[PDB]
Q: 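Quick one: the structure is below, questions incoming.
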Amino acid sequence: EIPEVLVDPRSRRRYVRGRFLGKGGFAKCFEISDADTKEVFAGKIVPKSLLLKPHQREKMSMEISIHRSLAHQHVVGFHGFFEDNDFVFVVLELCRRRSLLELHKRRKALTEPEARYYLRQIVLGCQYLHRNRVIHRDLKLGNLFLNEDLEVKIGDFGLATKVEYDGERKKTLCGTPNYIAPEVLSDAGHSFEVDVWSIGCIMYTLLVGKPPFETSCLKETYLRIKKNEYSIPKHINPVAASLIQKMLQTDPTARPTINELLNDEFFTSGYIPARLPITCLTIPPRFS
Amino acid sequence: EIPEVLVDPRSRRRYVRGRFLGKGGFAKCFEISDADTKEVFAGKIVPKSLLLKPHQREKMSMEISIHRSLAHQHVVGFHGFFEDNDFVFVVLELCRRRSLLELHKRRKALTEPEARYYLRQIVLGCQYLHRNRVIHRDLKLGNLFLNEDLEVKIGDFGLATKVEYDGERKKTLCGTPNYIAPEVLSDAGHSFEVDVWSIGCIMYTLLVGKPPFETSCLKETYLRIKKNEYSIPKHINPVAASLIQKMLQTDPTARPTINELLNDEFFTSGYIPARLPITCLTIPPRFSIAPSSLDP
Ligand SMILES: CC[C@@H]1C(=O)N(C)c2cnc(Nc3ccc(C(=O)NC4CCN(C)CC4)cc3OC)nc2N1C1CCCC1
Ligand SMILES: CC[C@@H]1C(=O)N(C)c2cnc(Nc3ccc(C(=O)NC4CCN(C)CC4)cc3OC)nc2N1C1CCCC1
């Protein structure tokens with residue numbers, strides 16, 4: 001059973017469980033508000049019984065360690081964590097318009113300026129992480145959250161890692177990323193370049209309204225990733241289709257860096273809206 | 001010197017040596033493909049000079065005799081054997097994802113459903129053997145092979161024996177099993193129950209990411225087996241830990257039969273994936289704690 005009111009022995013601050021938001025994988029997530037301040041946050045409550053298997057205790061510890069060290073306006077605000085004997089409580093920024101998964105599911109393909117709007121904010125968030133020697137390793141629609149004003153906030157640092165030294169490549173992952181990069185598939189070792197691959201996969205989905213490689217069965221899906229088999233519809237704009245091709249390459253070193261990515265003709269020469277209307281979640285907007 | 005093309009005087013069928021797979025104990029193993037069919041197999045090429053010591057000639061002959069009599073979808077396909085003056089050539093099913101040893105070495109401990117996934121297939125393979133009065137006597141990660149689709153195929157029948165009548169107990173082994181059962185250690189005589197012991201040792205390793213009894217030196221390892229000294233981490237699920245305790249008992253008669261084993265709450269009440277993704281060989285997959293079969 002989960003307590004109605006969540007108490008923090010450390011800072012003597014206490015919260016009240018609100019509406020059920022859903023299961024964040026291994027977690028049970030609710031709206032919460034501080035007893036005194038009345039400020040609303042997104043609680044992430046993990047059974048400590050599931051954090052008994054060390055392999056899972058490791059993941060949880062690293063997630064909080066990387067996320068609590070990060071403050072950027074396109075990264076989910078980490079507002080603290082604490083635990084009792086039964087649960088671990090993680091207090092995060094509440095993003096009132098959920099994630100790009102919900103948008104994608106409602107809207108399918110977006111307009112090119114909408115695609116561009118969200119993608120710049122994602123790249124900006126990701127450029128901050130990379131600069132702070134952090135690889136997310138699991139960027140997907142589901143963990144790219146939208147605040148009230150449809151500002152993109154990168155969250156879910158479950159599979160994220162910290163690069164210790166210049167040149168480091170990683171092998172081991174405490175979980176299976178949504179978008180498997182070729183160098184993760186082949187277990188070749190990987191670095192920052194995995195994040196560019198997923199942004200390429202994310203860019204494709206936003207413009208095409210379907211994932212690039214995903215098929216009925218996983219065996220064909222992974223074979224397509226291995227041989228770099230995908231088709232960009234003839235209806236996609238050249239410049240954008242070019243930037244997708246640049247990102248979705250078998251060779252990690254061949255892909256743009258997050259810094260080069262942001263300076264693509266797609267971003268520099270294309271129209272970026274300053275603000276999107278809230279109708280964009282359900283109906284395609286007019287720009288012209 | 002090993003011939004580039006392997007010729008069979010009997011059936012006039014001929015093969016071409018492919019990539020080197022590795023040394024299968026006493027053997028030298030390669031990919032091979034038939035000249036006409038172009039079908040790819042796993043060759044096992046034994047120097048006949050090593051099959052000169054009778055004790056070794058006996059093993060080899062019995063291995064081929066037991067294995068060539070067996071056909072099951074969780075047993076390595078035996079596709080024939082032949083010899084020249086220098087070598088004995090054994091043609092087996094090619095399992096393109098090697099063995100559980102490679103998985104274990106990469107992944108260490110697996111998720112409980114992964115453990116369950118492989119274990120059901122192992123028990124099924126072993127239930128077929130037992131039904132055909134065959135004790136494997138050397139089940140280990142290294143000889144539990146994985147085909148393209150991650151189906152488990154039991155191979156390596158080097159220490160395997162044929163039970164002549166029901167109730168018969170055996171003593172002599174022309175080799176040392178990876179997982180020594182207590183009744184083999186004490187030379188008390190043994191039967192089908194040894195195979196359950198190794199599955200218990202295999203189950204433990206898959207869930208814990210380390211062997212139950214193995215230590216630095218062998219003297220302590222064998223003393224632990226003799227006294228039944230092992231510890232199940234507090235993090236293992238009760239039902240699974242219970243089934244391990246049932247299998248890893250000093251008394252062979254106390255252990256489940258391969259038929260009772262398959263019907264354990266671990267298997268019947270636990271979630272079994274129908275298929276694993278190929279990423280499972282390198283990265284742990286995520287499973288819902290509520291995995292119902294009433295949604296996509
Ligand atoms: C805390 C975990 C994770 C995260 O990390 N952050 C940062 C987050 C920030 N903000 C939200 N916000 C909302 C999330 C879901 C909903 C929503 O509409 N929930 C309905 C509940 C009833 N159900 C039948 C249908 C869905 C509303 C949200 O804003 C109020 N969710 C977040 N999640 C998600 C929490 C559920 C999965 C993951
Ligand atoms: C025939 C002996 C025995 C057996 O009985 N069967 C049935 C078997 C079926 N299939 C395989 N398949 C493969 C085994 C290894 C590899 C592999 O990746 N080998 C690498 C070669 C390069 N080297 C630097 C590192 C090792 C690939 C395989 O499939 C393509 N091996 C089998 N073995 C094993 C063969 C040596 C140990 C035992």
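Chain naming here is simple, since letters A, B, ... match the order of the sequence lines and numbering starts at 1 in each. Hydrogens, waters and symmetry mates are skipped; everything else that's a heavy atom, side chains included, is used. Just so you know, ligand 1 is whichever comes first in the structure, and atom 1 is the first atom listed for that ligand. This entry, so its header tells us, was determined using X-ray crystallography, 2.8 Å.
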Q: Could you check which drug is at ligand 1 for me?
A: BI 2536
Q: So I'm looking at this entry - what's holding onto BI 2536 (ligand 1) the most? Name it the way it appears in the PDB entry, please.
A: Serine/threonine-protein kinase PLK1
Q: From which other chains does some heavy atom lie less than 4.0 Å from BI 2536 (ligand 1)?
A: A
Q: Write out the residues of other chains lying under 4.0 Å from BI 2536 (ligand 1), heavy atoms counted.
A: A:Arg19, A:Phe20, A:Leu21, A:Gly22, A:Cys29, A:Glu31, A:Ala42, A:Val76, A:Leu92, A:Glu93, A:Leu94, A:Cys95, A:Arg96, A:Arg98, A:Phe145
Q: Measure heavy-atom distances from BI 2536 (ligand 1) to each UniProt active-site residue of chain A and report the closest residue with its distance to 1 Å.
A: A:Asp138, 11 Å
Q: Just wondering, which UniProt domain of chain A does BI 2536 (ligand 1) mostly touch?
A: Protein kinase
Q: Which UniProt-listed ATP-binding residues of chain A does BI 2536 (ligand 1) come within less than 4.0 Å of, going by heavy atoms?
A: A:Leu21, A:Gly22, A:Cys29, A:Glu93
